[PDB]
Trainee: 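I am attaching a structure below and will ask some questions about it afterwards.
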There are 2 protein chains.
Amino acid sequence: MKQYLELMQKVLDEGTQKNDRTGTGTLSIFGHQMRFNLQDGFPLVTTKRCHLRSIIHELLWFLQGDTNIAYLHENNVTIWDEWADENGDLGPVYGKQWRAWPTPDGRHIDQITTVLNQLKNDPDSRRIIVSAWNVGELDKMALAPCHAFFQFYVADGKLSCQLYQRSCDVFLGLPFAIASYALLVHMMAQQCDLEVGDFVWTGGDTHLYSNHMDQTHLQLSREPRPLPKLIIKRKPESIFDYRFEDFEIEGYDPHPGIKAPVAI
Amino acid sequence: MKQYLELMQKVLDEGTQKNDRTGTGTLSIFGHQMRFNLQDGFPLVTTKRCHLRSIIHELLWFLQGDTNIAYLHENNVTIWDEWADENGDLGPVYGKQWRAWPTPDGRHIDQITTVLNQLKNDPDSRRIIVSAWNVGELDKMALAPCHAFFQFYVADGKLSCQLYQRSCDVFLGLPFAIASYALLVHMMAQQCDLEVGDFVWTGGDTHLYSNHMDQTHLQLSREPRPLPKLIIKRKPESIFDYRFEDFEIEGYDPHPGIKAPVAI
Ligand SMILES: C#CCN(Cc1ccc2[nH]c(N)nc(=O)c2c1)c1ccc(C(=O)N[C@@H](CCC(=O)O)C(=O)O)cc1
Ligand SMILES: C#CCN(Cc1ccc2[nH]c(N)nc(=O)c2c1)c1ccc(C(=O)N[C@@H](CCC(=O)O)C(=O)O)cc1
Ligand SMILES: *c1cc(=O)[nH]c(=O)n1[C@H]1C[C@H](O)[C@@H](COP(=O)(O)O)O1
Ligand SMILES: *c1cc(=O)[nH]c(=O)n1[C@H]1C[C@H](O)[C@@H](COP(=O)(O)O)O1
């Protein structure tokens, strides 16, 4: 996608060499933002083939409140295996904070239902936020959240969303986060009888791994294709009731996949 | 400053009329970012005069872990007075979160000591974050944090920082915020023996109140003047030991102030 390919070029044109936790070495910039108008097409990268199957299942798992990879496993998604313990648990990550953030006084707050109530009854609120960054539980989490926080906004019957990603693996991680949160905006909007607006992505440490540079340049030599279209075949009674079978991507003709190693 | 005035113009050209909480009316956009190179000067507005004594006393109050306005009163600062109860308490806002985030089991995490140690022991970290967005205690706070989140970053021995502001009043709150966070980056850099980098400001709902339109137009005709220089006259033993006396602002020659009503 043009916006994505421009960021890769920016990391490469004005980035600094930084070392990191995984020992690998990164090229890095701090602070970046980009906007995708959802009405132009579903923002799934076309310069390398993406696997949408895993994006969809990971999101439905999140909305269940689940932090154990069993569900993903019975759906043949292995993207979180490396971080899971012996029992498949990842600790209180995303799904637990979204559906049941713990308070000091014994309650648990379901940030996804409160947000949905807010978009229906108070869509002009400036507080329609969901946070995964729970300071007091980070130590129990297998990996600290990279998509730490997000915010919805309504204008002219359109629902927009801004994500703040604290750390970003541009080659591997960013195609996943863009499609996952664009898919969430479509579901939310359907349930609140809104039209979709903009997905806005803001990054903290935005970086390219040293062992992904050849792949990055191969990708940068491609022209973007026209964006695919998302058709949801059913309107569930609640956002927690969507199924994989309800989503259909059409008009997706991507460039061949490019493989590259993950850093654990 | 050039980029502040360019955002004021952007809001006036593209803003949507939204009816907000107080019933005044805002013109707003969603999603905006600005970079400020701190080597180039302290980003204090010169198209109107701001007062640093509130900016400095409020930050020092924050790092103290205090949420009661008595200190502010003793130092002639009135900025928070409308939101404080009969006893002067604001409830568990910034000060409580920054120095004693309440974990579910009754412990407390001192986010600024953590951040200090991370900058001195693991500066390449992509997790150097302080959060004021404590979902479990939001109902107890007199007003939900507008400055919700910020992340530090170190590259080439320079300290950068990005702030996420969920809701912004471009006219009053935004000059305050930029100076407040540029000050904290200078204090942190002094205590960690680092040089200063960039302040990145990312906002959610960025707006102009309808009853500030005249005042905005006055400000948009003034030409920005050279930025000031911040001189910290004493290196204290710790980040919690600074005093108001220690800071001086050279070269500040603003245009006269513009008075404008606050919306409660
Ligand atoms: C974000 C997120 C979730 N995650 C979690 C996650 C956790 C830690 C990370 N760590 C690092 N260094 N980079 C990452 O992108 C990353 C991603 C992902 C995990 C794996 C793949 C991956 O291996 N990419 C393959 C996927 C193949 C498939 O889906 O079947 C690819 O083809 O690109 C992508 C996302
Ligand atoms: C940021 C922040 C904290 N805050 C808190 C705070 C709380 C609620 C708000 N509500 C609204 N509608 N706008 C705000 O900017 C706002 C700010 C501030 C409070 C007052 C001023 C203010 O009135 N500015 C005067 C200061 C004059 C002085 O005493 O020196 C000015 O005109 O410059 C700024 C910031
Ligand atoms: C974290 C998870 C995700 O969904 N997307 C990402 O881009 N990442 C990346 C960031 C970094 O490369 C690594 C996480 O480790 P760290 O805490 O940033 O050091 O995976
Ligand atoms: C909050 C605090 C600050 O430092 N700066 C700000 O601009 N504000 C503004 C945002 C909004 O105009 C109002 C807070 O109310 P709301 O929760 O956004 O509705 O003060």
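Per chain, numbering begins at 1; letters A, B, ... match sequence-line order. Side chains included, hydrogens not; waters and symmetry mates left out as well; all remaining heavy atoms used. Just so you know, ligand 1 is whichever comes first in the structure, and atom 1 is the first atom listed for that ligand.
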Trainee: Drug name at ligand 2?
Mentor: CB3717
Trainee: What would the PDB entry call the macromolecule that lies against CB3717 (ligand 2) with the most contacts here?
Mentor: thymidylate synthase
Trainee: So, around CB3717 (ligand 2), which other chains have a heavy atom under 4.0 Å away?
Mentor: B
Trainee: Could you establish whether B/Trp83 and CB3717 (ligand 2) come within less than 4.0 Å of each other, counting only heavy atoms on the residue side?
Mentor: yes
Trainee: Please specify which residue and atom carry a covalent bond to CB3717 (ligand 2).
Mentor: none
Trainee: Quick one: which CB3717 (ligand 2) atoms are inside 4.0 Å of a heavy atom on B/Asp169?
Mentor: 11 (C), 12 (N), 13 (N), 14 (C), 15 (O)
Trainee: Would you mind listing which atoms of CB3717 (ligand 2) come within a distance below 4.0 Å of any non-hydrogen atom of B/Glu58?
Mentor: 3 (C)
Trainee: Could you check which residue UniProt calls active site in chain B sits nearest to CB3717 (ligand 2), and how many Å separate the closest heavy atoms?
Mentor: B/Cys146, 6 Å
Trainee: Heavy atoms of the protein only: does one fall short of 4.0 Å from atom 26 (C) of CB3717 (ligand 2)?
Mentor: no
Trainee: Run the numbers for me: atoms of CB3717 (ligand 2), each under 4.0 Å from some heavy atom of B/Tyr209, listed by number.
Mentor: 12 (N)
Trainee: Do CB3717 (ligand 2) and B/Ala263 have nitrogen or oxygen atoms that lie under 3.5 Å from each other?
Mentor: yes
Trainee: Tell me whether atom 17 (C) of CB3717 (ligand 2) lies less than 4.0 Å from at least one protein heavy-atom position.
Mentor: no
Trainee: Would you check whether B/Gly173 has a nitrogen or oxygen atom less than 3.5 angstrom from a nitrogen or oxygen atom of CB3717 (ligand 2)?
Mentor: yes
Trainee: Only heavy atoms of B/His51, strictly under 4.0 Å: list the atoms of CB3717 (ligand 2) that pass.
Mentor: 28 (C), 30 (O)
Trainee: Does atom 12 (N) of CB3717 (ligand 2) have any protein heavy atom closer than 4.0 Å?
Mentor: yes
Trainee: Hey, could you tell me which residues sit within 4.0 Å of CB3717 (ligand 2)? Heavy atoms only, please.
Mentor: B/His51, B/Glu58, B/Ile79, B/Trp80, B/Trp83, B/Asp169, B/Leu172, B/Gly173, B/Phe176, B/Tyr209, B/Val262, B/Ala263
